[PDB]
Amino acid sequence: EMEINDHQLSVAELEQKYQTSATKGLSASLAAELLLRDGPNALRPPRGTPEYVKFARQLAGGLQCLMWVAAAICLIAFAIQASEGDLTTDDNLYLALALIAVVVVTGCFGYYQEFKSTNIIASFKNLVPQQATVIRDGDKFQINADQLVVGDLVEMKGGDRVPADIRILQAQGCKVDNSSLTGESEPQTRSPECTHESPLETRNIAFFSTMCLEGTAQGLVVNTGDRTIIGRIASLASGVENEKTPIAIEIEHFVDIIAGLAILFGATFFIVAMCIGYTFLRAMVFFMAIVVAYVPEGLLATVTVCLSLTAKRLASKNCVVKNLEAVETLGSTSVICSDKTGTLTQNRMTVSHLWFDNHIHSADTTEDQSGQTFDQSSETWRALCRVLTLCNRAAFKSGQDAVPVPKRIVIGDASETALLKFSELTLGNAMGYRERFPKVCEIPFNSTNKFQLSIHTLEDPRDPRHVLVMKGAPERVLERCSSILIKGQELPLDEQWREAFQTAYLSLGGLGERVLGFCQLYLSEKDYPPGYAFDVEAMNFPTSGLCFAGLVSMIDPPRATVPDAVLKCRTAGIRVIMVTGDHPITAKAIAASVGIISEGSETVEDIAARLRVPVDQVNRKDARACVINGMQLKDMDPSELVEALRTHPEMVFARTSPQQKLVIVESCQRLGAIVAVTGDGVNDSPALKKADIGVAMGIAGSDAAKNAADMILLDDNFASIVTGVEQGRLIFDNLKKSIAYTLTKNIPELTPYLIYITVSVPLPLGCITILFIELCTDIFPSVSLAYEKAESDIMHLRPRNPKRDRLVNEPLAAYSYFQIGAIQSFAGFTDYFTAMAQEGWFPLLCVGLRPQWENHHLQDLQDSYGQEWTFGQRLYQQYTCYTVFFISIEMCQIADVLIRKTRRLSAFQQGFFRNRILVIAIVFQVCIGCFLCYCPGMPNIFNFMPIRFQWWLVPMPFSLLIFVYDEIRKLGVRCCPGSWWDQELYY
Amino acid sequence: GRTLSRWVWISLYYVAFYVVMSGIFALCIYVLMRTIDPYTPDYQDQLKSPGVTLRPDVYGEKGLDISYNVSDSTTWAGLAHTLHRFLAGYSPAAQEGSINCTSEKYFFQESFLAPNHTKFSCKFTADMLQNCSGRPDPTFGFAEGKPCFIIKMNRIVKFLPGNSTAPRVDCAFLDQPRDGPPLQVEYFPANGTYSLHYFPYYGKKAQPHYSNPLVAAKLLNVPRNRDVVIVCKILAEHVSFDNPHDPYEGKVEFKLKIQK
Ligand SMILES: Cc1nc2c(O[C@H]3CCOc4cc(F)cc(F)c43)cc(C(=O)N(C)C)cc2[nH]1
Ligand SMILES: *[C@@H]1O[C@H](CO)[C@@H](O)[C@H](O)[C@H]1NC(C)=O
Ligand SMILES: *[C@@H]1O[C@H](CO)[C@@H](O)[C@H](O)[C@H]1NC(C)=O
Ligand SMILES: *[C@@H]1O[C@H](CO)[C@@H](O)[C@H](O)[C@H]1NC(C)=O
Ligand SMILES: [Mg+2]
Ligand SMILES: [Rb+]
Ligand SMILES: [Rb+]
Ligand SMILES: [Rb+]
């Protein structure tokens, strides 16, 4: 509460409180003592990040709790089994172990990936210490900004960054750049007089991160570090807690699904296990076996490598993401709350328009210069260009020829900088050119004259005369002009022209632009001979009756690729909102020009303008666009705001505080939307953190916006945002494919087990092999579905309804489990009984025969042909049943992938080999399947044996059956869009 | 959640889905058990060599363990009774559906010549063990401490053990050479041989009353109150007795303790 009273104190009161002086500053002694007391003048970064706790964070989530719970279930089941003397409890340890293994291997994979994000973003930030012109003991020297302490006396010039929170004591012509705290793109003037009681709106305080544009000031530091306005806004931002990402919610929804099914199946089979004369202990061991079989051991790894491939795609476009979940978020996004100054606009005063030859010419305001320039052929244009080029002191800093002009640094005032870059792009080598017109007299901008002026000798020796060039506020130049350059002549400036100048002045003014008038006069070689002694005080040259050249007007123009990015987000059905801290007029200007406000849409104010009725009379439902400023927004409530939001679709929030940006993101989010915030300066970090995904600019962006952001646009290319929507909509759709594929094989590994319980036939599918399936053979074909391209015009679809459209739904989940898995298990059993009968055992013998099958005390067990088998023998026959059921699985899985390439379209329409990586994964699949069977020693190391090639072909009919079944599901859904066939059979 | 008239259509669909699929499975086993012959196994891939079991079979842990007190008939009555009820199906009265065999060599039955399309199987009755038959010693040499362990090989359709000399049984210990004589074992029938006219097996449908040949290895030399281990290997040309993933093919190993 220190700062709300600092700017209202009298200078004696400040030097009392802070034990300083306004003329000679702190003493060295007390300044050092205060530095120990208060600490360094900078913001304390996020501290609580112990290296091991970063990793521990990666071992929680939907699938990770599922897998952990399931690891644990293995171990209490193992305890029970060893308790009742059950053998080969090795399998329980193997399984629970690998459950934990994939969790931690993926955990450290994601840890590497986030560590590499933080290094990439920290590779783009400047590490040179900012400086500060301080005055201590009455000496003006320079120090690092972080050695400033409360009460210190400091100074600022053009181009200096404000080193603290300063209370203005004296200032001449001092204007500053507050775009990171307020949205304000127009330079804000600073004066020592108290303008307001709110330190935010007073003019006698300089804010800690800001940049002095022009002029000079001197004042006292009244808060340093986290106590400054910067520090408070960012401590608020880290105060807001960010919610859970859409993708994370969806994975946690289907672990609820999988768990529901799991404990249902475990339970019903537990009672069915008791009613077959099973021990309660063993009955519940089967209950646990089941719920754990329902857990897809490998899915977590596949989901991550799916997400990191799209992180790779986006990162190649200079768009970095911190966590992989944030890859998808853009796709599900329904609303975009966007800052104006620095994200949408370049935050750079650019020449937008000129008035000459009786016409408003409009310049190119882009940064790569992809726009369209103006008519540079007219004599009057050349005159104007000479005026604006010669009447400028601004200067480019040394050694910037490589970097684009708009990106060069310049030593100059606010509007002088813009004009320098203008002639440098127009004329080429602007300062070289103006060196050829030597400058005999110069008057700088001041309040006495109210203009800026200079007299020059001309370029060739044939011309001995002088030229005077002047620029200033349009009216104050017009009062001193008597002629005007029009169409290659110098006409008299009559009342028709005076009116025309005025109408163009006001025209450019109403677009929210800073406009300057320019003018010239040629001093005779007679009156003013070479060497003539121009005196400013005694006006020996003419100061009136000049010739008007033209008007030039500047704005803060949009970033080159922004307007079209907004258009492409709106076609995808994303509602775009502007939340800007800048005044309403320029806000709606930009908003209109970048696509937030369509051509031919108007607010109640604009309606009542053409309907000439009081604004209250016009209908609110009829206005499509609406601008709400922060003052009005505070008087509304949730109920008034939501109606205001869903009445006017093209909405614009001017003069909004960081909390209000947060507020609006929150009202949207409670209305069920997935909001995405786009931001540069520290007035966004709150809204950026609360958002589902925060996008900060990598170049214009502030350290708080960048820290609160989940995504960074390193090149500041706002069109990377439209790349995110399609990529995020893609892998969601590819995840529905991939997750469905990997879940379907779960039923045909569980069924042989639970019939091996109920019908007590020798065990068809053994644990160690279903591990090989889940973690080894099918991970490559699953992640291959990362690469399926859209089946629609993915980018003209609306954002998915987060309540209906889900990663898995009861239709998708139940279809994929119980129809397709059913068919795969049936192919299993068919190969099972075949491998039995061909090797000795008849289907009706296999029923009930498990007890003597597994029995180590029989060595003369008789098959249906009466032959006598030892234990190790029928053990190998069980391993053959493993391998035959395993390849019965894989053939249906080569078919499952091709089914899952497409959810609506026929595989002939889009082709079978469109996806190159999917076929290279299917060939990979089959050859390791063969490696496990026919390599020497595999029956002993693993439970896999060289099967005779007869049994490979036995399941191929079944895999062709599924290919046909889902092709007919997809043909009947596509050709018949009716709801019956759609809802019951679609995913 | 779904409509009740939908619910019934859904479940009628899933019911009808399972019925069609189970039907496919039905016709598959139907065809499948027609693709295969009742008198020979198609492949018999795991039965490269045959296993050999022993009686009385009693285990504790880690294979066959047999200990008993000559003086405490409670420890060996159970073994004797194992041997009696086992040989109850080698009595002449139960084994009358066969032929007295003296073929002295392989009994290849090329054509099916017995009642109701059956086959002729040789006869092997208990009295061919002559001391270990249950008579005249109903303890089968356990009371004495000369136990009769009967050895019996596993049967594989159309398998031939060798043509040179009849397959014999050789029982011996493993690491007991230093202190003590070698074992002396008397076999019944003598030399511990299997008659070659018991091969080949044509299968439980061909020969409904088939009965494996037996040799009893009456162990005489075995020391009392001592832990020993006995292996009975089978000696023939097409029998492999030693393979590490199956210790019951071609051989039997058992720990023997006879205490007094
Ligand atoms: C679907 C399925 N589960 C199987 C299984 O599960 C055991 C061991 C691994 O984990 C648990 C956990 C539990 F909670 C309960 C359990 F019973 C088990 C074992 C085998 C197998 O290899 N056998 C030789 C029987 C085969 C299986 N198929
Ligand atoms: C075995 O063959 C001999 C030779 O004729 C015969 O005396 C005897 O009865 C046969 N055995 C039986 C059980 O009939
Ligand atoms: C078998 O029995 C006969 C008659 O009792 C006897 O001569 C012979 O020694 C016995 N063999 C053994 C090993 O006891
Ligand atoms: C054999 O049995 C008798 C009576 O039960 C007993 O005294 C003797 O100690 C037993 N021998 C051994 C080695 O236990
Ligand atoms: Mg901003
Ligand atoms: Rb599983
Ligand atoms: Rb233009
Ligand atoms: Rb966020």
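Chains: A, B, ... assigned top-down by sequence line. We number chain A the way the PDB entry does; in order, the residues shown are 47-1033. Per the PDB entry, chain B residues shown: 31-290, in order. Counting starts at 1 for both ligands and their atoms, following the listed order. Per deposition record, X-ray crystallography, 3.0 Å.
The drug assigned to ligand 1 in the PDB is tegoprazan. Most heavy-atom contacts to tegoprazan (ligand 1): the chain UniProt names Potassium-transporting ATPase alpha chain 1. Other chains in heavy-atom contact with tegoprazan (ligand 1) below 4.0 Å, by letter: A. Residues of other chains with a heavy atom under 4.0 Å from tegoprazan (ligand 1): A/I119, A/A123, A/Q127, A/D137, A/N138, A/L141, A/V331, A/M334, A/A335, A/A339, A/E795, A/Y799, A/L809, A/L811, A/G812, A/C813.
UniProt lists residues of chain A as binding K(+); of these, a heavy atom within 4.0 Å of tegoprazan (ligand 1) is found for A/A339, A/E795. Counting UniProt's transmembrane segments of chain A from the N terminus, heavy atoms under 4.0 Å from tegoprazan (ligand 1) lie in segments numbered 2, 4, 5, 6.
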